[PDB]
Student: 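Let me give you the structure first, and then I'll get to my questions.
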There are 2 protein chains.
Amino acid sequence: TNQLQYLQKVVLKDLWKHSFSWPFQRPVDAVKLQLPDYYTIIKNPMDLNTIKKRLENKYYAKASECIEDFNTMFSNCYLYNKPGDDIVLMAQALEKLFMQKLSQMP
Amino acid sequence: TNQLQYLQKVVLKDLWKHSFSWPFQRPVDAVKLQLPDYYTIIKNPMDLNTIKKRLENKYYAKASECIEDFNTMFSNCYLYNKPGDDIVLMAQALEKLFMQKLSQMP
Ligand SMILES: CCc1cnn2c(NCc3ccc[n+](O)c3)cc(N3CCCC[C@H]3CCO)nc12
Ligand SMILES: CCc1cnn2c(NCc3ccc[n+](O)c3)cc(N3CCCC[C@H]3CCO)nc12
Ligand SMILES: [Cl-]
């Protein structure tokens with residue numbers, strides 16, 4: 001659980017502190033945010049909080065499973081949205097930061 | 001050139017060999033493939049061949065710059081398309097294979 005501890009103590013915490021992660025800290029509320037077909041279009045929803053619980057509850061067996069989840073969160077946003085959307089710009093900054101943290105992993 | 005040697009000799013070559021990389025081995029030809037607004041929508045196009053040239057011509061100073069190009073090629077497909085599209089399924093398999101290779105970089 002060494003790389004997993006990195007993902008939890010370093011990667012996640014660092015991403016969490018940035019305000020551009022705020023829309024990603026909870027599953028998408030399709031009603032409150034008026035995204036009526038969100039769950040019709042996205043089949044594998046993912047958010048940071050789900051990722052955090054999975055780390056807390058020892059859900060992951062290997063670090064690749066966690067990294068898949070992050071990847072799914074970003075691509076989900078790209079799929080659902082289009083270039084130029086605010087949320088996409090936010091997703092892009094999170095992802096960049098993510099990849100930078102990952103390159104430092106043991 | 002160490003990590004950049006891995007990206008060229010291991011990562012690029014392994015991805016190139018899969019038929020699902022065929023659509024990404026040349027810049028999108030918007031006319032022949034009848035994607036009229038591709039270049040209107042996508043502001044930063046990227047493909048394997050461009051990445052390959054950049055490695056050959058010693059364009060990247062650093063591993064992060066080349067990894068950034070791969071990420072752009074993936075997100076570009078996601079942004080331009082939508083869930084369930086063939087090209088998207090392809091991008092996803094490419095990206096997954098990409099991530100596994102990355103995890104084995106020095
Ligand atoms: C911290 C407040 C919050 C909670 N949910 N949420 C959402 N949910 C939609 C969503 C989230 C993640 C990925 N995808 O695809 C859709 C969007 C959003 N914002 C949209 C973009 C510009 C900032 C901003 C506006 C309103 O706070 N802010 C929030
Ligand atoms: C290997 C032949 C080829 C060359 N270009 N191209 C494209 N260009 C569009 C494109 C590429 C990369 C990212 N984005 O966003 C759009 C698509 C495509 N296909 C689409 C999906 C299922 C396979 C297949 C069908 C017809 O060969 N095949 C090809
Ligand atoms: Cl999209």
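Chain naming here is simple, since letters A, B, ... match the order of the sequence lines and numbering starts at 1 in each. Both backbone and side-chain heavy atoms feed into the values below; hydrogens, waters and symmetry mates do not. Each ligand, and each atom within it, is numbered from 1 in the order the structure gives.
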Student: Give the name, out of minalrestat, talazoparib, tinengotinib, dinaciclib, carvedilol, of the drug at ligand 1.
Tutor: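 The right pick is dinaciclib.
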Student: State what dinaciclib (ligand 1) is bound to in this structure, picking the chain with most contacts and naming it per UniProt.
Tutor: Bromodomain testis-specific protein
Student: Give the letters of all other chains with a heavy atom closer than 4.0 Å to dinaciclib (ligand 1).
Tutor: A
Student: Could you find the nearest protein heavy atom to atom 23 (C) of dinaciclib (ligand 1) and give me its residue, atom name and distance?
Tutor: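 For this ligand atom, the closest protein heavy atom is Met90(A) SD, 4.0 Å.
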Student: Which protein heavy atom lies closest to atom 14 (N) of dinaciclib (ligand 1), and at what distance to 0.1 Å?
Tutor: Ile87(A) CG1, 3.9 Å
Student: Any idea which protein heavy atom is nearest atom 10 (C) of dinaciclib (ligand 1), and the distance to it?
Tutor: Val28(A) CG2, 3.8 Å
Student: Among protein heavy atoms, which lies nearest atom 5 (N) of dinaciclib (ligand 1), and at what distance?
Tutor: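 I find the closest protein heavy atom is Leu33(A) CD1, 3.4 Å.
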Student: If you have a sec, work out which protein heavy atom is nearest atom 1 (C) of dinaciclib (ligand 1) and how many Å separate them, to one decimal?
Tutor: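 Checking every protein heavy atom, the shortest distance to atom 1 (C) of dinaciclib (ligand 1) gives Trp22(A) CB, 3.4 Å.
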Student: Among protein heavy atoms, which lies nearest atom 15 (O) of dinaciclib (ligand 1), and at what distance?
Tutor: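 Checking every protein heavy atom, the shortest distance to atom 15 (O) of dinaciclib (ligand 1) gives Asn81(A) ND2, 3.2 Å.
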Student: Establish whether atom 21 (C) of dinaciclib (ligand 1) and some protein heavy atom are separated by less than 4.0 angstrom.
Tutor: yes
Student: Quick test: of every protein heavy atom, which one is nearest to atom 12 (C) of dinaciclib (ligand 1), and how far off is it to 0.1 Å?
Tutor: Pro23(A) O, 3.3 Å
Student: How far is atom 13 (C) of dinaciclib (ligand 1) from its nearest protein heavy atom, and which residue and atom is that?
Tutor: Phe24(A) CE2, 3.5 Å
Student: Name the UniProt domain of chain A that holds most residues touching dinaciclib (ligand 1).
Tutor: Bromo 1
Student: Heavy-atom contacts under 4.0 Å between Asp29(A) and dinaciclib (ligand 1): side chain, backbone, both, or neither?
Tutor: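 Answer for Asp29(A): neither.
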Student: Which residues of the UniProt JQ1-binding set in chain A does dinaciclib (ligand 1) share, counting a residue if one of its heavy atoms lies under 4.0 Å from it?
Tutor: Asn81(A)
Student: I'd like to know if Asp85(A) contacts dinaciclib (ligand 1), where contact means a heavy-atom distance under 4.0 Å to any ligand atom.
Tutor: no
Student: Do you know the source organism the PDB entry gives for chain A?
Tutor: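 The entry records the organism as Homo sapiens.
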Student: Output yes when a protein non-hydrogen atom is found under 4.0 Å of atom 7 (C) of dinaciclib (ligand 1), and no otherwise.
Tutor: yes
Student: Show the binding site of dinaciclib (ligand 1) at 4.0 Å, heavy-atom contacts only.
Tutor: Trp22(A), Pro23(A), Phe24(A), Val28(A), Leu33(A), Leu35(A), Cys77(A), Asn81(A), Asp86(A), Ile87(A), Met90(A)
Student: For each nitrogen or oxygen atom of dinaciclib (ligand 1), which protein N/O atoms lie closer than 3.5 Å, and how far apart are they, rounded to 0.1 Å?
Tutor:
unit_1, atom_1, unit_2, atom_2, d
dinaciclib (ligand 1), 15 (O), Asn81(A), ND2, 3.2

